[PDB]
Peer 1: 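Have a look at this one.
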Amino acid sequence: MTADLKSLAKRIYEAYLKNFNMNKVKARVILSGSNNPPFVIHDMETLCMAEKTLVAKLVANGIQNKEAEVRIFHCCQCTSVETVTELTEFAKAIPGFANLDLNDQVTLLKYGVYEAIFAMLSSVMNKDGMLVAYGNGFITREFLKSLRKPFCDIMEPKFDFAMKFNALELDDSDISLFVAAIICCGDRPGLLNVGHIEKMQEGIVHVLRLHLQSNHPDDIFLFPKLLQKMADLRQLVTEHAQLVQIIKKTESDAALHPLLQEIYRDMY
Ligand SMILES: CC[C@@H](Oc1cccc(CN(CCCOc2ccc(OC)cc2)c2nc3ccccc3o2)c1)C(=O)O
């Protein structure tokens, strides 16, 4: 009569497979190289071609269309909004999460979503670029670096994180538990029921530790490596939020979707 941690790990993995449109298996199939192959965006010509096919409404305004960098900024936010919806549904599978007060659920998701986004973003990145638009585009790392400041500073730190994160060779069963652990941080600002959240965190981290022990017997330090990656993600989000605020304040055409402005409001 004890918790079945192996069953819980499988439940979390199944909830991740059901709730996230993108995962590492799907991304790798596309990145390896028959139907709906990804359009390569490596310069302004190919960006504009891709937009006309994949986000036609955004470029149907003629001389009124926004600057390319601002269009990219908007597209990035759209993915974040959708991923927040997926993360919110995923969180229901985490033991104890749905039993928390609604306000604590909101706070955990507020601080956790971008850490989870950047962790999962790594699955669609290689050293040369990243998948976009539900796997239907591939935008090169060099093209994103070529954008005018400060838009060229958005993605590069996330590539830097991803190259090292991907070198750990996690699979989706690992990532699902890592995302659940990200969401269950008992030290987020403003939590009410810290005690219950700490116990929820302890439980999911126990599931993660045992899973990594079983799934990665070759890497005895993988668990502390991932604890450090969680801290790295918190710093990456803090810096990202600062950049988003600079853009919002100084780029009169770069707007922030209201759901994301609420996430960012009073975060760091
Ligand atoms: C800028 C403010 C914005 O920052 C960022 C910064 C980095 C990443 C994101 C979200 N993101 C990139 C989507 C790009 O989406 C397009 C689509 C079309 C296009 O042109 C045709 C160009 C880019 C993404 N997260 C994922 C999670 C898992 C799997 C894949 C994922 O991808 C937002 C924020 O803070 O929300």
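Here chain A follows the PDB entry, giving residues 199-231, 234-468 in order. The analysis underlying the following values was restricted to heavy atoms, covering all of them including side chains, and did not include hydrogens, waters or symmetry mates. Atoms within each ligand, like the ligands themselves, are counted from 1 in listed order.
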Peer 1: Just wondering what drug sits at ligand 1.
Peer 2: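 The drug there is pemafibrate.
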Peer 1: By the name used in the PDB entry, which chain has the largest number of heavy-atom pairs within 4.5 Å of pemafibrate?
Peer 2: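 It has the most contacts with Peroxisome proliferator-activated receptor alpha.
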Peer 1: Below 4.0 Å from pemafibrate: does a non-hydrogen atom of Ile317 turn up there or not?
Peer 2: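 Checking pemafibrate against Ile317, which is what was asked, there is a heavy-atom contact under 4.0 Å.
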Peer 1: Look at atom 15 (O) of pemafibrate and say which protein heavy atom is nearest, naming residue and atom and giving the distance to 0.1 Å.
Peer 2: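 For this ligand atom, the closest protein heavy atom is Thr279 OG1, 3.4 Å.
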Peer 1: Quick one: look up the protein heavy atom nearest atom 22 (C) of pemafibrate and list residue, atom name and how far away it is.
Peer 2: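 For atom 22 (C) of pemafibrate, the nearest protein heavy atom comes out as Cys275 CB, 3.9 Å.
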Peer 1: Using a 4.0 Å cutoff against the non-hydrogen atoms of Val332, which atoms of pemafibrate qualify?
Peer 2: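 So the atoms of pemafibrate that pass are 16 (C), 17 (C), 23 (C).
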Peer 1: Which is closest to atom 4 (O) of pemafibrate by heavy-atom distance: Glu286, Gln277, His440?
Peer 2: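 Checking each option, the heavy atom nearest atom 4 (O) of pemafibrate is found in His440.
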Peer 1: Just to check, does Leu460 reach to within less than 4.0 Å of pemafibrate when the distance is taken from its heavy atoms?
Peer 2: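 Yes; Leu460 lies near enough to pemafibrate that a heavy-atom distance drops under 4.0 Å.
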Peer 1: If you measure every N/O of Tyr464 against every N/O of pemafibrate, is any gap under 3.5 Å?
Peer 2: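 Among all N and O atoms of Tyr464, at least one is under 3.5 Å from an N or O of pemafibrate.
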Peer 1: Among protein heavy atoms, which sits nearest to atom 31 (C) of pemafibrate, and what does the distance come to when rounded to 0.1 Å?
Peer 2: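 Of every protein heavy atom, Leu321 CD1, 3.7 Å lies nearest to atom 31 (C) of pemafibrate.
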Peer 1: Could you tell me which organism the entry lists for chain A?
Peer 2: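 The entry lists the source of chain A as Homo sapiens.
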Peer 1: Considering only the protein, which heavy-atom contact is closest to atom 21 (C) of pemafibrate, and what is its distance?
Peer 2: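 Nearest protein contact, heavy atoms only, for atom 21 (C) of pemafibrate is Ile241 CD1, 3.7 Å.
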Peer 1: Could you check which UniProt-annotated indeglitazar binders in chain A have any non-hydrogen atom under 4.0 Å from pemafibrate?
Peer 2: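 Short answer: the UniProt residues with a heavy atom that close are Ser280, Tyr314, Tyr464.
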Peer 1: State the UniProt domain of chain A containing the majority of residues contacting pemafibrate.
Peer 2: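 It's the UniProt domain NR LBD.
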Peer 1: Short list, please: which atoms of pemafibrate are under 4.0 Å from a heavy atom of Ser280?
Peer 2: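 That gives atoms 9 (C), 10 (C), 33 (C), 34 (C), 36 (O) of pemafibrate.
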Peer 1: What protein heavy atom sits nearest atom 30 (C) of pemafibrate, and how far away is it?
Peer 2: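 Nearest neighbour among protein heavy atoms for atom 30 (C) of pemafibrate, to 0.1 Å: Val324 CG2, 3.7 Å.
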Peer 1: Which other-chain residues or nucleotides lie under 4.0 Å from pemafibrate, by heavy-atom distance only?
Peer 2: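 The heavy-atom cut-off picks out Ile241, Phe273, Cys275, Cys276, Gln277, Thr279, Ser280, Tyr314, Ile317, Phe318, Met320, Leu321, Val324, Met330, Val332, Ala333, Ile354, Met355, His440, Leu460, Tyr464.
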